[PDB]
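Take a look at the structure below.
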Amino acid sequence: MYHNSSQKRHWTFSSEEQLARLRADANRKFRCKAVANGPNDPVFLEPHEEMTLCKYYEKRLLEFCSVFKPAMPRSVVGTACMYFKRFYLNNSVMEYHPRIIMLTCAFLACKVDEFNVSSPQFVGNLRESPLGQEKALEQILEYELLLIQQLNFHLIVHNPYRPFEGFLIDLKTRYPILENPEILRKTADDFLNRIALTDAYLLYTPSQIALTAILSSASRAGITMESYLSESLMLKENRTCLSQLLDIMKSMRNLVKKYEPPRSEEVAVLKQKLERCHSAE
Amino acid sequence: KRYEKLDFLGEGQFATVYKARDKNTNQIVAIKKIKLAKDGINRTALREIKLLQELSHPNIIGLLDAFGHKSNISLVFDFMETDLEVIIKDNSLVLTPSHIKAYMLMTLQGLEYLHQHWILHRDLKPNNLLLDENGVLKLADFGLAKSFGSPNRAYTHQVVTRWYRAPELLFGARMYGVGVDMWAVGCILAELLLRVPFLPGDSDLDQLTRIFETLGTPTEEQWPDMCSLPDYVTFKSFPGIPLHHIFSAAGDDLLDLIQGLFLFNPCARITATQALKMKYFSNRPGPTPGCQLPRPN
Amino acid sequence: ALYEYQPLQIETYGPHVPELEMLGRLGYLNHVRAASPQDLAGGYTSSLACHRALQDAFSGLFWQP
Ligand SMILES: CC(C)c1cnn2c(NCc3ccccc3)cc(NC[C@H]3CCNC[C@@H]3O)nc12
């Protein structure tokens with residue numbers, strides 16, 4: 001349950017600039033280590049370039065999990081993407097290659113969410129030569145404990161998907177002003193897919209994320225839902241909680257608007273620098 | 001790696017367990033070092049890691065730390081001196097009604113918390129009810145424990161040790177809830193009272209025979225939809241033995257608890273919450289303090 | 001030194017979740033899939049799935065880090 005989770009306790013941060021510090025520190029430690037290993041050398045990635053590669057490899061994780069046979073449930077994909085985010089919070093993309101950690105994240109997520117895929121079924125989803133699938137499997141298993149150590153052994157991930165279903169039940173039963181809340185579902189799922197690309201999953205509760213997605217679908221539909229917040233969720237009695245909640249949903253929507261995708265020609269250069277840094281690791 | 005290995009505490013399928021001293025504090029801990037090809041880290045270890053990181057209750061085993069090397073992970077726990085199986089089998093210990101009340105109370109508290117966090121222990125038996133030196137019972141061995149309440153997942157039915165396995169699992173339920181742990185608490189309570197395995201069936205069909213012979217063959221009035229279960233086979237109509245002829249020393253309060261735990265219908269079978277609210281716990285005598293629970297020495 | 005049951009107070013930092021036996025009489029169960037006879041026979045009731053969904057929805061709704 002989220003309200004006493006390791007996720008709440010350790011992996012939900014106060015601001016986007018706290019995340020920036022963690023990542024800047026991880027980038028810095030790789031440089032500091034590599035220079036102590038034999039200092040402002042252009043072979044290194046800057047933290048914003050690591051961020052672009054993390055955004056790019058998040059997207060490839062999404063596509064890997066999308067095409068995955070047998071069909072990978074949405075909570076495994078969400079758990080994998082959360083691990084990928086959490087790994088590269090305290091770790092450099094220059095130390096551990098995101099293409100391997102992407103797959104290790106997916107592989108660990110399959111195990112943690114009881115999606116009992118066999119290792120041969122797993123690496124059979126890599127569009128690679130079978131020698132490369134077996135090589136990729138060795139790397140996946142080699143990095144697996146490293147992932148778990150870098151997650152601080154906090155393996156359960158609370159995704160917005162189940163809270164989203166809970167709000168869609170609650171809307172139907174308690175909020176008859178919104179007749180047919182399932183009109184919100186597609187456009188709320190669209191927002192949920194957008195907010196997953198941002199740092200929101202490290203900043204907000206999965207209930208806040210799910211509510212934001214629902215209310216943003218409703219505002220996009222011309223439906224006011226302030227009466228759901230005030231009357232149904234009882235926030236008429238605690239205006240100081242209504243304010244906080246509306247602030248959270250506002251900041252989360254602004255955090256989607258300020259999202260810029262990893263640009264294809266930017267990434268094409270950063271991948272070569274990433275590869276050069278891995279060749280000269 | 002802050003852990004000096006004292007003693008060897010046991011081996012099982014996935015792990016060897018050792019008593020260790022934590023050098024950083026001089027706490028005695030049990031390190032469960034996981035044993036091993038091309039599957040990576042063992043799922044039973046990851047199941048125990050993932051679930052016990054999210055639970056914090058006096059009567060559930062604390063995962064104090066975890067660490068490892070290349071696919072050989074090791075999990076550090078609270079050191080427990082004994083289990084309820086050792087108490088049950090130790091013919092020198094008297095299990096008074098207050099001792100049985102205390103053991104049941106702590107089990108149901110741990111199980112209430114666990115069920116409130118939507119986890120089934122799914123392997124409850126006297127081995128897995130460990131006792132610390134202060135006489136606090138903890139649920140342990142989370143190797144089969146699973147999150148429940150999600151329809152989008154099927155669960156296996158071969159997932160409590162046979163003698164503590166609920167009739168819905170023996171009839172092959174792939175969807176179930178707290179009834180699979182609450183039956184096993186029944187079986188443990190029965191074994192606390194009798195000092196012997198209550199329903200010691202040799203096979204799954206023999207387990208069903210033992211259950212129905214003891215508690216009566218369920219009617220479709222007792223357990224609606226029973227016939228729908230995948231591995232349902234009809235049995236001879238056993239009358240069952242009245243619970244006061246089984247539990248000759250049980251008061252009517254305790255018999256109501258036992259009866260609620262042993263209802264065939266897993267929906268009607270009492271939850272840990274409603275078990276704890278029963279007059280059995282509220283009545284005299286009080287449950288013994290942990291410091292006064294019988295210590296197999 | 002007798003037991004008395006205490007309701008197991010844990011802070012969910014979000015709105016009140018309606019209790020498991022209230023779910024049908026408050027109309028929540030109209031809006032989830034019914035438990036199949038197999039699921040019912042095993043002890044899954046869809047009050048379980050409903051209640052879990054409602055508990056997740058409200059879990060930390062009012063919490064900020
Ligand atoms: C891993 C952790 C949960 C743990 C803590 N103390 N402890 C002890 N202590 C000694 C002991 C001896 C006899 C009976 C019970 C306990 C033994 C032990 N053995 C491993 C399994 C065996 C089956 N019962 C559950 C145990 O965890 N596991 C543990």
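In what follows, chains carry the letters A, B, and so on, assigned in the order in which the sequence lines appear, proteins first and then strands, with residues in each chain numbered from 1. We use all heavy atoms of the structure for the numbers below, so side chains are in, but hydrogens, waters and symmetry mates are not. Remember, it's 1-based here, ligands and their atoms both numbered in the order they're listed.
- The option from tofogliflozin, samuraciclib, droperidol that is found at ligand 1 is samuraciclib.
- Here, the chain sharing the greatest number of close atom pairs with samuraciclib is referred to in UniProt as Cyclin-dependent kinase 7.
- Other chains with any heavy atom closer than 4.0 Å to samuraciclib: B.
- Considering backbone and side-chain atoms together, B:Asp141 places no N or O closer than 3.5 Å to any N or O of samuraciclib.
- The closest approach between B:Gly10 and samuraciclib stays at or above 4.0 Å for every heavy atom of the residue.
- The backbone and the side chain of B:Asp83 each have at least one atom closer than 4.0 Å to an atom of samuraciclib (non-hydrogen atoms only).
- By the 4.0 Å heavy-atom criterion, B:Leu75 is excluded from the residues contacting samuraciclib.
- The organism that the PDB names for chain B is Homo sapiens.
- Note: chain B touches samuraciclib mostly through UniProt domain Protein kinase.
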